[PDB]
Visitor: 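Can you keep this structure in mind? I'll have questions shortly.
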Amino acid sequence: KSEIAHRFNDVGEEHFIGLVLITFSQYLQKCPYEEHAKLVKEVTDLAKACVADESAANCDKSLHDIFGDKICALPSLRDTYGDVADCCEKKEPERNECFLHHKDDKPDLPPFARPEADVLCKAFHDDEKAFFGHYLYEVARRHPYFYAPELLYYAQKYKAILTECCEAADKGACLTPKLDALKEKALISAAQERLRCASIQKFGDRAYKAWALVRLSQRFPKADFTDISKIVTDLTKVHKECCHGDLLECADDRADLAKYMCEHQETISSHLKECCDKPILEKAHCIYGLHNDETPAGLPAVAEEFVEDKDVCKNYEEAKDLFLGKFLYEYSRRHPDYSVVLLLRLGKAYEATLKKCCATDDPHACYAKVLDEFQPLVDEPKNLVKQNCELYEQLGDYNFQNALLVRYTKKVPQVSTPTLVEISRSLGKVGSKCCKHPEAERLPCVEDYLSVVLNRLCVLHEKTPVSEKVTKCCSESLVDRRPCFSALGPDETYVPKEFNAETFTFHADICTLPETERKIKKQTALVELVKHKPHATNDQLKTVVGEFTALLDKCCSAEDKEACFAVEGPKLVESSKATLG
Ligand SMILES: C[C@H](C(=O)O)c1ccc(C(=O)c2cccs2)cc1
């Protein structure tokens, strides 16, 4: 019978350890590494016991519960992690819910800092196993929903970079570009998974199902509806699980799904060839991001099945999900150029037209132009991508982030500074990722990445709500979030923040920051300016940041750093007020 044995045997020891360290780092984000390693040994030992006897030890119990019992075993928790000991005194299947609800999307943690190359390679040389325990633990605690088996994949890429670079001439010059690139992939991965989890948990299984139906219909245009559907069903269970902290099950299930798709690759995509050769993680990663197969030629016009067919209303009425799944499949596989959110928006339009029209005396006369009515929904996002790409190319990264920071702060000034600056910085990454593709490739690139970034604002804001406008964009339809945020003008009801000296007065710590961190400091300041003076002009703002820049250059090459900051700090505070009013 025993679950931990089945799972142990299934994913094998190596992945088993990692998934259990991930599980523990996800539930208990503030515990020291050394504490988590012990919980993992104690759990590994148990599975190698349930390897012997199916009835030998606690092997009868659900995984939810083996994790349950291990946390509360050390009451050391009640103190630094005594908020969720409220959960330890409760029971299943109600307890494990308490645990999951306290996952902190923004734990109070210093940044994961990366050591000098010499030092990082030394740590990896001395103890490799400890090294990647540390890594899984530092990423998973900071991103409590990261897609667990993709995390394993990234650990493995990370080790391949240290192997290549640690013996090198200049270790730094070899590591830095490669780590920085790996880090960016992992952030995007974390943001995509957080979106799946939020769709599932906040808007229901169906909302991710539809999303995954569209995306897989674009990716695998030749595969038939019943196959896509089967893939959509299994991938739903996969992410429902991972999103719920059932990582052993998720990893195992995701493996069967990779296997099933390779074993049936003939009738899915020719591009599956690239993936099916590969060892497990590499294979499932490859699948998970495969570029779109080409559209089969000779498909009938979509109007035949969805406008002229005499059973349109009977289909919609008698089997709604089946019929509208088909609409999504058919429409999406033929539109790799559209974003997922757009396609879902067309689904919603089509459905609302049917609902309304099929309840009239003459449904056909009412819905005949439904596909033609998609045009203005297609044009809004295409226009926006184009205007914003020209702005990106015109201003460059930093000034584009600046313009979005100003626009967003005026939009939702109640939002906290670190969130506004994070969210603006992500918005400017989209310019860089996407505006170099030709016109046709741009929309799915931009709009799908916007989803991920808006979701990130929505999860942060859910924790501590402060803006009615965010809450509204974030909780109405998932698929309208981008248009919803787009349509917000400046919030003219916000009462400007008091002028606040220490949010504007600077100290010598700051001189140690690399230029990239100084940018964030300039950008944090700009946000506080816009909060203080929401009608400030772009020239006003450029002049205050300009002064900030001069203060920094000046006091950062002083021998007496604290005392130049004292002479100049308050002289900035005084020139800011003057420029601003
Ligand atoms: C949702 C938000 C907004 O306008 O408030 C938004 C909308 C569109 C874009 C946009 O089109 C681009 C960003 C980067 C390159 S193009 C950026 C941000």
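All residue numbers in this chain count up from 1 along the given sequence. We count ligands from 1, going down the list as the structure has it; atoms in each ligand are counted the same way. Every heavy atom of this structure was used, including side-chain atoms; hydrogens, water molecules and symmetry mates were not. The deposited model was determined using X-ray crystallography, 2.3 Å.
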Visitor: Report the name of the drug modeled at ligand 1.
Guide: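 PDB records name it (S)-suprofen.
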Visitor: So I'm looking at this entry - what's holding onto (S)-suprofen the most? Name it the way it appears in the PDB entry, please.
Guide: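 Largest number of contacts: Serum albumin.
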Visitor: Considering heavy atoms of the protein only, find what lies nearest to atom 12 (C) of (S)-suprofen and give residue, atom and distance to 0.1 Å.
Guide: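 Nearest protein contact, heavy atoms only, for atom 12 (C) of (S)-suprofen is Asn388 CB, 3.6 Å.
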Visitor: Under 4.0 Å from any heavy atom of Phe400, which atoms of (S)-suprofen are there?
Guide: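 Matching atoms, with element in brackets: 14 (C).
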Visitor: Using a strict cut-off of 4.0 Å, indicate which atoms of (S)-suprofen neighbour a heavy atom of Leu427.
Guide: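 Checking each atom against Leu427, I get 13 (C), 14 (C).
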Visitor: Out of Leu443, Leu450, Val453, who is nearest to atom 6 (C) of (S)-suprofen when you count heavy atoms only?
Guide: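 Selected option, by shortest heavy-atom distance: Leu450.
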Visitor: Any heavy atom of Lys411 sitting closer than 4.0 Å to (S)-suprofen?
Guide: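 Flag set, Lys411 near (S)-suprofen.
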Visitor: Can you name the atoms of (S)-suprofen, numbered from 1 with element, that are less than 4.0 Å from a heavy atom of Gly431?
Guide: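 The list of qualifying atoms is 14 (C), 15 (C).
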Visitor: Where does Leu488 meet (S)-suprofen, judged by heavy-atom distances below 4.0 Å: at the side chain, the backbone, both, or neither?
Guide: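 For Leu488, no heavy atom sits under 4.0 Å from (S)-suprofen.
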Visitor: Give me the nearest non-hydrogen protein atom to atom 5 (O) of (S)-suprofen as residue plus atom name, then the distance to 0.1 Å.
Guide: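 Protein heavy atom at minimum distance: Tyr408 OH, 2.7 Å.
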Visitor: If we only consider heavy atoms of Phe485, is any one of them less than 4.0 Å away from an atom in (S)-suprofen?
Guide: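 Judged by the 4.0 Å heavy-atom criterion, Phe485 does count as contacting (S)-suprofen.
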Visitor: Which residues, given by chain and number, make up the 4.0 Å heavy-atom shell around (S)-suprofen?
Guide: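 The heavy-atom cut-off picks out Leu384, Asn388, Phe400, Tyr408, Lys411, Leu427, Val430, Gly431, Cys435, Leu450, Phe485, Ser486.
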Visitor: For (S)-suprofen, what N or O to protein N or O distances fall under 3.5 Å?
Guide:
residue	atom	partner	partner atom	Å
(S)-suprofen	5 (O)	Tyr408	OH	2.7
(S)-suprofen	5 (O)	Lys411	NZ	3.0
(S)-suprofen	11 (O)	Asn388	ND2	3.2

